[PDB]
A.B. asks: 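This structure shows N-phosphonacetyl-L-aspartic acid in complex with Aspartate carbamoyltransferase catalytic chain.
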Amino acid sequence: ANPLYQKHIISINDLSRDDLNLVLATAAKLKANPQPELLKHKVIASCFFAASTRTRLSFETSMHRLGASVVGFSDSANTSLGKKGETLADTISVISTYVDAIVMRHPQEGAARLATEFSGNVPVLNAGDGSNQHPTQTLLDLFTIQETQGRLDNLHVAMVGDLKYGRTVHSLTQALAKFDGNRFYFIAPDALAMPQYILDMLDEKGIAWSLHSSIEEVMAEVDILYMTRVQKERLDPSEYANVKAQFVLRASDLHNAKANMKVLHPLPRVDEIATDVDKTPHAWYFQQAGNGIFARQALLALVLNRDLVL
Amino acid sequence: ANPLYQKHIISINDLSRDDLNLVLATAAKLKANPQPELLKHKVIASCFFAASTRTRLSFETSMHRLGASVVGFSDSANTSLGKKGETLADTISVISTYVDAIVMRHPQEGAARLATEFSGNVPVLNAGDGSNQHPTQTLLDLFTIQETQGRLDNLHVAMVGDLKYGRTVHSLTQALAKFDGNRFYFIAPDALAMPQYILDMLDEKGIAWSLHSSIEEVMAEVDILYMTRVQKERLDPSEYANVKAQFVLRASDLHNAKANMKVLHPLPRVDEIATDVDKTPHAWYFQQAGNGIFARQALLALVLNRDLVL
Amino acid sequence: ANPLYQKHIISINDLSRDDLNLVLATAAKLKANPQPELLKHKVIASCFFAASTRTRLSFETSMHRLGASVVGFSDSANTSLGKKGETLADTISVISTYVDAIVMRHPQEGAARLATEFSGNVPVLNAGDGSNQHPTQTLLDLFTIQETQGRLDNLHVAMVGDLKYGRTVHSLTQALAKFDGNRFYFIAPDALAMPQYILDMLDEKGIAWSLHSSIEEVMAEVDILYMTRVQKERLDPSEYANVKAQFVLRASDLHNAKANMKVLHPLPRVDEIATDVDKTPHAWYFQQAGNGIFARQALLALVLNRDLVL
Amino acid sequence: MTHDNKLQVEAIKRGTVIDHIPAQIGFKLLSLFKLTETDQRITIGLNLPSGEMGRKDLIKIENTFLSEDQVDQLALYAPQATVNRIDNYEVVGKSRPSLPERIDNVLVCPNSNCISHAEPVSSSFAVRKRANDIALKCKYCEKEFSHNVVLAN
Amino acid sequence: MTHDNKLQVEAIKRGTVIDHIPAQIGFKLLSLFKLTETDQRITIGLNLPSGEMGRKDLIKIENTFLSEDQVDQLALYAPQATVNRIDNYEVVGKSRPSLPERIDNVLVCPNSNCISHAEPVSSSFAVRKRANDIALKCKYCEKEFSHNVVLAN
Ligand SMILES: O=C(O)C[C@H](NC(=O)CP(=O)(O)O)C(=O)O
Ligand SMILES: O=C(O)C[C@H](NC(=O)CP(=O)(O)O)C(=O)O
Ligand SMILES: O=C(O)C[C@H](NC(=O)CP(=O)(O)O)C(=O)O
Ligand SMILES: [Zn+2]
Ligand SMILES: [Zn+2]
């Protein structure tokens, strides 16, 4: 069987470069020749306890694009958990008895963890658990970074926006820190700063990272500019000074931009990026979005198929 | 054609032991060798006017697990009924013109009845209509009772919880009362007591039944312990003294338990059962949950296929 | 000085027969010989943290009847306690520095007492603290009973309705227990019976009370039929079973009643007293409401005036 | 005139010595009195025996002396408990807790709608013996509860 | 086997002996791993000066036997103390609280949006040698915190 077979993809901390590399490979493979019937007969649950456009929709297309059938929900408000005071665990307890895999997004952290405790044999895929992880996001990210840069080692990577609450940057910093010679520049409001525990990891790994007070000076030496919206919904009222984006990026800012540099964004964006950028070629967030199919597919493929995909 | 072909499954009062027995049989059959394509080309509507996790999800998996395609809704709030003042009947009137069968859950009683008046040829499956019926629930129940006891006649069956408002126990009491030598013990708050009309049926049938004031003394002579959550949402403000569960069951209570005895619960449970039970082997409600596939499948199969399933 | 000069009238349990008799006697004198300017130059605070029609207004009229000036609030919502978040302790602490006495009605029990601990030498008067004490009620009541019966001993008094949350009858019962040979019949729904500690005094004082499941058991017995309102605002959800009048008085149930008998009611009444009673010469609720003026002046006079001579 | 019978004693030179403490109330005491803060060596006999009193908790506090009110609320917790004052290795003082009149600052009025919760004041109940239990009347709400219930705060 | 100055039968045939507990730490431990929720003859010595340790708390249970895991857990509050496996009155083994892998049930994740609160599951942190202290990583939320800021049940 393949390494990720019947495995729970919960946090990026539990994956290896080999793991990462494998999904990628398989993504690039399926992107070339699709396997429309690879997962027929399978039924996957799309459980969203939290809001999503991209993550939920891209995942469901993936499942259909592989002959799999889909059941689940976009809102817990109509679940017995929603209206009958059920517990998430019991929820997962019954659901594990129906389907072959569980994709879930949830407002609190370690929610996916929790679920594996009751999921049984049925593998659990975290579509985002609070401020914590967002692994499937990372995978499309990496796929995109590699698409446009040719490598995942030795990059100049600038992460702007909300990093304290950005599950997106939580995972992905962990992910390229598994690669070598990666320069991390961090531009964040002092309260939406990056959490200690991610920096330490960087320290011990000897990976270099340096705070910055503006996009202006990182802008000449960066391959990747990962922009993030301020996680407004997870904000504490004592942080509501920071609800408006400190760092907005317009086309003007990109003159000095390396010709190879791309702008990335988990999406969605509110004002941290101006539509003029949309015209320019460093802009890659919509292509970035399109890549989620492939990664999610690859992943699905691997987790559900023992024998390494043809 | 098979007996239940093109038939509306609305209330258990309209089924016979032969009927029951047939679904069962077919459940046990499909559970052994599945028919992934048995219902392809068919489209079934999943209409939930009411909340559900188990019932809705298990049904939809069933349909997919038989090659059927599914359309419908989890909330009426977005239906034209929901926002344009449409009538349920007209609702059913249009929907009958699109699909092959209709699964519906609804906040009021005889709602499924109503629908058959407009459904036309298209058979209607009640996923719960108020305090009234819950037939598909009963079917998985029976399947489970038989699974674990070997029979449906001559059982000691204890129904605890809300029975006044428990559509779950409404149907199922009616169902084993179609069987012989069934001992019914009823443990309920005096206001959430079991309705007269179910007892009379029992009287005339000569089936025996006896109220009890505690689990404690029924506990030694019972094969099945059917626990139920207090139907809090259907409660009248003059019954809100009874919103908290009177009878909680913990592992401690099961020493005297017959070695064969199982605990059953329609789900969900809030505090009427304590998680310690979850460890013990009389606990069967999560296995009970898993059985809903088979029954729902069997049913779907029968209602939609003239020729008795291979 | 008089025994009441400068005293806090918080609980009936803190006054004696002679204290009571004193007030009824002044009440009596003032009702015939008015003192237009008795409390002239005095400034009193009318602080209602809870709704009142009779108590607040009657009090304020009494004040003006005595030439005192009034100042206060009908509601806590626009106080700095209501919006800025001031403690009641601080609240009584500054108001006590302004005015000559404090009339207080409060939704929580004991609010009355705590004020005295902050009002300094400024007397505080309980217009009602939760379902604890309604002392001023008992006074106009005593007065009213006296006026109709000509005594306050060896009476046959019925106490119907919410007795558990009825602050008016908590206070009225300790007051009549100070007199001789009174006979108490308590008619109230179990959820709302006379609190134990109250009966504990009765028993422990050698007084004869008795509980009755109806009004008509005592109708030709009792001298005073004290009706009370269900305190739905203080009700517990579990007690919501009982929000409707269980014993309602009709002008026909009075048919066998003693001719000297009078129907009292602290007011307001919802449906526990039929409007047809209003006409009957037993109906006495509205007259007693009137006597609030006299008992209340009476009170005001004794506290703010060292030596009254009428 | 010296040490006890069973074989685990360490008599202090001066200090209080609470004995006869009913089972598993020896640790409650230790906490609900803040005698773990001090420096003075403390000796704690948990689940000690008795034969006739069964298991007993005993507290030996060296050089500390129980407040004359602190023993008054201990009157409630361990009524069967005894307190030995000790000076120069000897039981110089002998007291026993009788039920005080009213107790304050420690109990919580079980009546939710009691002002005492919301407002900043010190509790206070009146301690009157019924027949089978002490009843406590909250000084504010004037409700009376049995010491068993007011002992849940 | 306690040495000189007066008497102390704080020594049994069977049981465990938590020697050398840093002062004040004694009380905590008793609650945290709930070592008093037994019925065996416990004896606790608070702040009793010794020598090596100016003032060392100290606990011993009769007939009770610490687990290699249960033991280790003490390495967070008293890693420099000594367990003694007392059997037939003589020391069979002298152990020390060594830092453990992770600390399941008795530690509440300080993260409010942690799922470990709502749902019925046992708490759990991985333990780590940060710099001048231990770091605690919630099993669920994946947030790690000082062993000084995390609180426990
Ligand atoms: O919230 C964001 O801004 C980033 C991120 N968003 C995405 O996954 C895209 P979507 O919410 O449509 O699935 C997430 O963490 O939710
Ligand atoms: O309500 C219940 O407790 C029992 C019963 N529940 C079930 O059918 C499970 P669910 O609501 O997830 O479909 C029902 O009558 O709704
Ligand atoms: O509320 C009642 O039913 C009885 C009593 N009512 C009165 O005092 C009359 P009012 O609320 O107008 O002052 C009370 O204790 O508030
Ligand atoms: Zn109180
Ligand atoms: Zn956590």
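Residue numbers start from 1 in every chain, and the chains themselves are labelled A, B, ... in the order their sequence lines are given, proteins ahead of strands. As a textbook-style caveat: the illustration shows part of the entry, and contacts are counted within that part alone. In listed order, ligands and their atoms are each counted from 1.
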A.B. asks: Okay, which bits of the structure are N-phosphonacetyl-L-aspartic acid?
C.D. replies: ligands 1, 2 and 3
A.B. asks: Just wondering, which other chains does a 4.0 Å heavy-atom cut-off pick up around N-phosphonacetyl-L-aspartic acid (ligand 2)?
C.D. replies: A, B
A.B. asks: What does the entry say about the source organism of chain B?
C.D. replies: Escherichia coli
A.B. asks: Which residues overlap between UniProt's carbamoyl phosphate-binding set for chain B and those with a heavy atom under 4.0 Å from N-phosphonacetyl-L-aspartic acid (ligand 2)?
C.D. replies: B/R54, B/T55, B/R105, B/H134, B/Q137, B/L267, B/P268
A.B. asks: Write down the covalent anchor of N-phosphonacetyl-L-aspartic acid (ligand 2): residue and atom, or none.
C.D. replies: none
A.B. asks: Among the UniProt-annotated L-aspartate-binding residues of chain B, which come within 4.0 Å of N-phosphonacetyl-L-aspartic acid (ligand 2) by any heavy atom?
C.D. replies: B/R167, B/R229
A.B. asks: Which residues lie close to N-phosphonacetyl-L-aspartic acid (ligand 2), i.e. with a heavy atom under 4.0 Å?
C.D. replies: A/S80, A/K84, B/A51, B/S52, B/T53, B/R54, B/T55, B/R105, B/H134, B/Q137, B/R167, B/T168, B/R229, B/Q231, B/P266, B/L267, B/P268
